[PDB]
Amino acid sequence: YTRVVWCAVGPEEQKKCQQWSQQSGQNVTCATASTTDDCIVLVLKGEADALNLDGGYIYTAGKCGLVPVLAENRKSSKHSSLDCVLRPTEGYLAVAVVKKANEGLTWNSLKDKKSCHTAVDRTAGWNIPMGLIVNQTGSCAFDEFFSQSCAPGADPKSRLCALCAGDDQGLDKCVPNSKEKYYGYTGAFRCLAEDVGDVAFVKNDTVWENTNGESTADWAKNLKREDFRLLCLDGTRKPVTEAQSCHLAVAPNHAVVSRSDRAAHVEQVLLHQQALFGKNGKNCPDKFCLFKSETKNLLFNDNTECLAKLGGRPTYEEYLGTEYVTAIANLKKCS
Amino acid sequence: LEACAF
Ligand SMILES: *[C@@H]1O[C@H](CO)[C@@H](O[C@@H]2O[C@H](CO)[C@@H](O)[C@H](O)[C@H]2NC(C)=O)[C@H](O)[C@H]1NC(C)=O
Ligand SMILES: *[C@@H]1O[C@H](CO)[C@@H](O[C@@H]2O[C@H](CO)[C@@H](O)[C@H](O)[C@H]2NC(C)=O)[C@H](O)[C@H]1NC(C)=O
Ligand SMILES: Cc1cccc(Nc2ccccc2C(=O)O)c1C
Ligand SMILES: *[C@@H]1O[C@H](CO)[C@@H](O)[C@H](O)[C@H]1NC(C)=O
Ligand SMILES: [Fe+3]
Ligand SMILES: [Zn+2]
Ligand SMILES: [Zn+2]
């Protein structure tokens, strides 16, 4: 066995990683970089072994030769006697979320509105909605579609970063890590909740998990699910209980990637680390919980029940699926 | 649909 070196994206992940490392007795140790792309480069250089990635970043990492190893599996919708680690993953619903009180807004009137995205290059926050918008408008000028946005990872002086807020001190505006107040699923949802933006591209679970007291976070603790609507592609608005019939796409779950020569060993270590620190793990919550970070989704999404084995030793294209890959490929023609 | 970005 070797140690596995995890790559943490920004300082809040680095802190959680350091706590994991200490609890694992250094079976896992930590490298940290400022962005997911830079973590992918550390992994390609062999200076880190692995990290968990949204499907859009899996595409980046997979074009560079890194491979999926285990997928996040959240609470199953339907009944299953299968253990979490063996249950097939179900994909999450990419949605566009607006305030109920913003009554005129539908999918067909998004032009010149303000948008909140998890980050450039992520599935629900970017690849799915911008791919759809490029397609529908017949124009690659997706940087001119919304009047202002927060899209972490875009040029910080551009309209795509105009709404981003940076950290406590207002430094690091638009950096694609958790120090940016509007980064990621919860940041893009907060960007809508605070009416900085008119629309947030997140996933269905984000809305549930940050409303009706499911989050105690100060910006979220008082949000009511009834105050939000989903935007459907047919131009209708639905309550957030209707995401199965009003989503933009089904996304492949976030998954751990590594170099191919390290995957088997990364997989074995992770299966053992989640037996200790995962949901009902032997030492969670007593000592450390790998899948909690007070809603901040650090290293893994907080709704993860386990990391699951993949069927078919899939390549990254197999894992993402041919349609998603082609959608990304098409959108990347614009850049 | 081609090479590694890095
Ligand atoms: C949208 O996401 C929410 C949050 O994950 C899902 O609601 C959860 O569903 C699980 C599985 O049934 C329940 O056991 C949880 O208690 C629910 N959480 C909350 C906070 O209510 C919901 O099913 C998803 N909707 C769709 C269409 O997939
Ligand atoms: C945007 O449109 C492109 C161009 O049509 C879509 O790409 C096609 O997707 C279908 C369905 O998977 C494939 O069978 C075609 O072969 C693809 N066409 C081309 C020219 O590559 C893409 O899926 C759309 N983007 C979305 C829906 O986000
Ligand atoms: C065609 C199809 C349909 C549903 C899922 C996929 N691919 C996946 C493969 C692994 C993990 C997740 C997915 C998914 O899209 O949820 C494909 C290729
Ligand atoms: C660390 O890994 C070693 C080797 O597999 C193992 O004996 C030990 O149980 C692990 N400990 C923790 C705390 O993860
Ligand atoms: Fe995602
Ligand atoms: Zn669908
Ligand atoms: Zn295969």
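In this entry the chain letters A, B, ... are assigned according to the order of the sequence lines. Residue numbering in chain A adheres to the PDB entry, whereby the residues present occupy positions 342-676 in order. Throughout, chain B uses the PDB entry numbering, with the displayed residues spanning 681-686 in order. Ligands are counted one by one from 1 in listed order, and the atoms in each one are counted from 1 as well.
Structurally, the main neighbour of ligand 3 is the chain that UniProt identifies as Lactotransferrin.
Lab note: drug at ligand 3 identified as mefenamic acid. Chains with a heavy atom under 4.0 Å from mefenamic acid (ligand 3): A. Distance check on atom 13 (C) of mefenamic acid (ligand 3): some protein heavy atom falls below the 4.0 Å cut-off. For atom 4 (C) of mefenamic acid (ligand 3), the nearest protein heavy atom lies 4.0 Å or farther away.
Atom 15 (O) of mefenamic acid (ligand 3) has A/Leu661 O, 4.1 Å as its closest protein atom, hydrogens excluded (heavy atom only).
From the protein, the heavy atom lying nearest to atom 6 (C) of mefenamic acid (ligand 3) is A/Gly662 CA, 4.3 Å. Short contacts between mefenamic acid (ligand 3) and A/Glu659, defined as distances under 4.0 Å to a heavy atom of the residue, involve ligand atoms 7 (N), 9 (C). Within the set A/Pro593, A/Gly652, A/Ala590, A/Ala649, the minimum heavy-atom distance to atom 16 (O) of mefenamic acid (ligand 3) is found for A/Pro593. In this structure, atom 18 (C) of mefenamic acid (ligand 3) has protein heavy atoms in its sub-4.0 angstrom surroundings. Within chain A, the UniProt domain with the largest share of residues touching mefenamic acid (ligand 3) is Transferrin-like 2.
Ranking the protein heavy atoms by distance from atom 9 (C) of mefenamic acid (ligand 3) puts A/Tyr660 O, 2.8 Å first.
Within less than 4.0 Å of mefenamic acid (ligand 3), the structure shows no other ligands or ions.
The heavy-atom binding site of mefenamic acid (ligand 3) at 4.0 Å consists of A/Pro593, A/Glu659, A/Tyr660, A/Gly662, A/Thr663.
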